Structures are given as C-alpha cells and as structure tokens.
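Heading - gramicidin S complexed with Subtilisin Savinase
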Amino acid sequence: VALXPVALXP
Amino acid sequence: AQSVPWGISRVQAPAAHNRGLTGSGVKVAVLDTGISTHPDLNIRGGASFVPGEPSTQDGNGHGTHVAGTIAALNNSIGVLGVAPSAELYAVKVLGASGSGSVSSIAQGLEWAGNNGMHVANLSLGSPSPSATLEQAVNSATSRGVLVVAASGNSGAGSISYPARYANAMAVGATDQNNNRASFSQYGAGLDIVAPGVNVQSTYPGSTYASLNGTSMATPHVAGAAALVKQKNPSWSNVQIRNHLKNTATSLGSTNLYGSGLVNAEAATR
Ligand SMILES: [Ca+2]
Ligand SMILES: [Ca+2]
C-alpha cells in the first residue's frame with residue numbers, strides 16, 4: 001500500500 | 001519575482017549557493033509520476049516504465065512538485081530549488097493515479113544505475129517489503145546511486161519501504177517549528193529529517209502549489225546531496241550520505257528525527 005499518493009504493493 | 005520557499009531557507013541552501021554550489025554537473029533521477037515541462041524547470045531527459053503512459057509528462061502533479069524542490073531554477077520567476085543547477089531526469093514509475101508496481105520502480109532504479117545518475121529521489125513507499133525492491137535498491141547502490149526515500153505518512157513509529165532498507169536513506173518531515181510533522185513516520189532506520197509542511201513548489205499547468213508530506217521532505221535531502229557531490233566529485237554515495245547525517249542539526253532523539261535537520265551550509269563547508 002501507501003503513503004498519501006504512492007503505493008506499491010500493499 | 002522569485003520567491004524562496006521557507007523550506008529552502010530552513011535547510012540553508014542559499015548559503016551553499018553563495019559559495020557557488022548549485023548542483024552543477026550532478027545527475028539526479030526523480031522516480032515518480034513524471035515531471036511536466038515548466039518555465040521554472042529544466043528537464044534533461046528520462047524514461048517511462050508505466051504501461052499506457054509513454055511520455056515523461058506528469059498527469060498527477062506529485063512528481064513535478066518534488067522536482068521543483070530539488071531544482072527549480074534560479075531566475076526571476078517562481079521558486080528556487082536546493083540545487084537549482086542539478087541535471088534532472090524524469091523517471092516515470094508511477095501513473096497519473098499515483099500508483100505503480102514494484103516492477104516499474106525496480107526498472108527505474110536499474111535505469112538510474114545504468115545511466116549514470118548519482119542521486120535517485122523516491123518520494124514513494126509501501127508498508128510491505130518486496131525482495132524485488134530490495135534487490136533493486138542494493139543494485140543501484142552498488143552502481144554508485146544514492147537512493148533517498150520518504151519515511152511515509154502514516155504517523156507510526158516504523159518506516160515505509162523502500163526507506164526501511166539499509167541502502168536507502170530514509171527522510172522524515174518537519175514543520176515550521178522544526179517539530180516532527182504528526183504524519184511523519186519515524187523509528188528504526190530513520191536517517192534524517194527535512195521540511196515537509198506547506199511546501200511551495202512547481203506544479204503542472206505552469207503554476208505553483210503548497211503540499212504536505214514526507215514526499216516533500218525527501219527532495220530537500222536529494223538536493224543537498226547534489227550540493228555535496230558538486231563540492232566533492234570523488235565522493236561515493238555512502239560518503240555523501242554519512243556527511244549529510246554528520247552535519248545535520250540535532251533535534252533530539254534519533255528515533256524521532258534521525259540525525260536531525262539537514263543543513264546544506266554545514267554539509268558544504
Ligand atoms: Ca525560479
Ligand atoms: Ca534505510
């Protein structure tokens with residue numbers, strides 16, 4: 001997943 | 001007229017600029033949503049690894065904003081980057097929606113190592129590890145790239161990946177009072193902090209925007225690394241990394257702030 005706008009994989 | 005964002009002043013980039021240190025000749029890759037052409041940016045090149053988005057233009061805004069913190073041009077308009085003469089390369093690994101795959105990010109890191117980038121800015125993360133991502137960070141590091149990554153915006157006391165990997169320098173966010181921003185991830189592996197609240201930078205549509213996050217802190221550090229590289233062209237990625245940490249302004253616990261607030265003046269003196 002993610003921080004704010006950028007996520008990548010869970 | 002040109003404005004100097006509070007964060008650029010806070011990290012003392014103008015003092016470095018006064019010594020003639022602007023990041024000239026240093027290649028910096030921004031692994032993000034792209035970088036849009038902008039009157040206050042000079043983009044030297046790049047590549048895209050996002051299927052369906054062949055150009056390096058930015059359909060999100062995030063990459064363009066990050067790029068301007070590193071290298072917005074020193075002129076009579078807009079804002080001013082930490083390293084206004086750095087050579088910016090747009091490596092698009094995230095799409096307009098802001099998401100990407102580990103495969104695309106790894107392709108970007110390989111590109112950075114294969115094409116002579118000295119610094120790679122990764123204002124991105126995930127709460128989960130990936131061996132692919134780890135290998136790509138390690139490979140880029142072995143090829144001379146300083147990988148700088150955001151700690152994350154969950155507010156928790158552990159940091160996101162890839163920042164959590166040893167060979168990535170992890171950057172958290174401070175506010176205008178040099179306090180940790182409440183959203184800024186901290187903990188084991190945190191190297192350093194930089195301004196990440198109300199950061200004004202370049203934005204698509206030839207305009208400017210103020211945004212918050214560890215994504216905005218990270219490019220202050222990538223920019224500072226470019227200043228150190230210009231001053232010391234023979235220095236390796238790890239030497240630059242440690243020097244930034246050793247000259248940072250201590251803020252208290254290394255658990256909350258790492259080595260402290262990046263200081264471009266101290267790092268280039
Ligand atoms: Ca400017
Ligand atoms: Ca790390």
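Every chain is numbered from 1 and lettered A, B, ... according to where its sequence line falls, protein lines coming before strand lines. Unusual residues are spelled as their parent or as X, and atoms beyond the parent do not add to contacts.
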**Q.** gramicidin S - positions in model
**A.** chain A
(Q) Counting only non-hydrogen atoms closer than 4.5 Å, does B/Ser151 touch chain A (gramicidin S) with its backbone (N, CA, C, O), its side chain (CB onward), both, or neither? (A) backbone
Q | Contact origin within B/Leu133 toward chain A (gramicidin S) - heavy atom pairs under 4.5 Å | A | neither
Q.
Please rank B/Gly125, B/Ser130, B/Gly98 by heavy-atom pairs under 4.5 Å with chain A (gramicidin S) and give me the top one.
A. B/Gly125
Q.
So what's the organism behind chain B, according to the entry?
A. Bacillus lentus
(Q) Could you check which UniProt domain of chain B holds most residues near gramicidin S? Thanks! (A) Peptidase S8
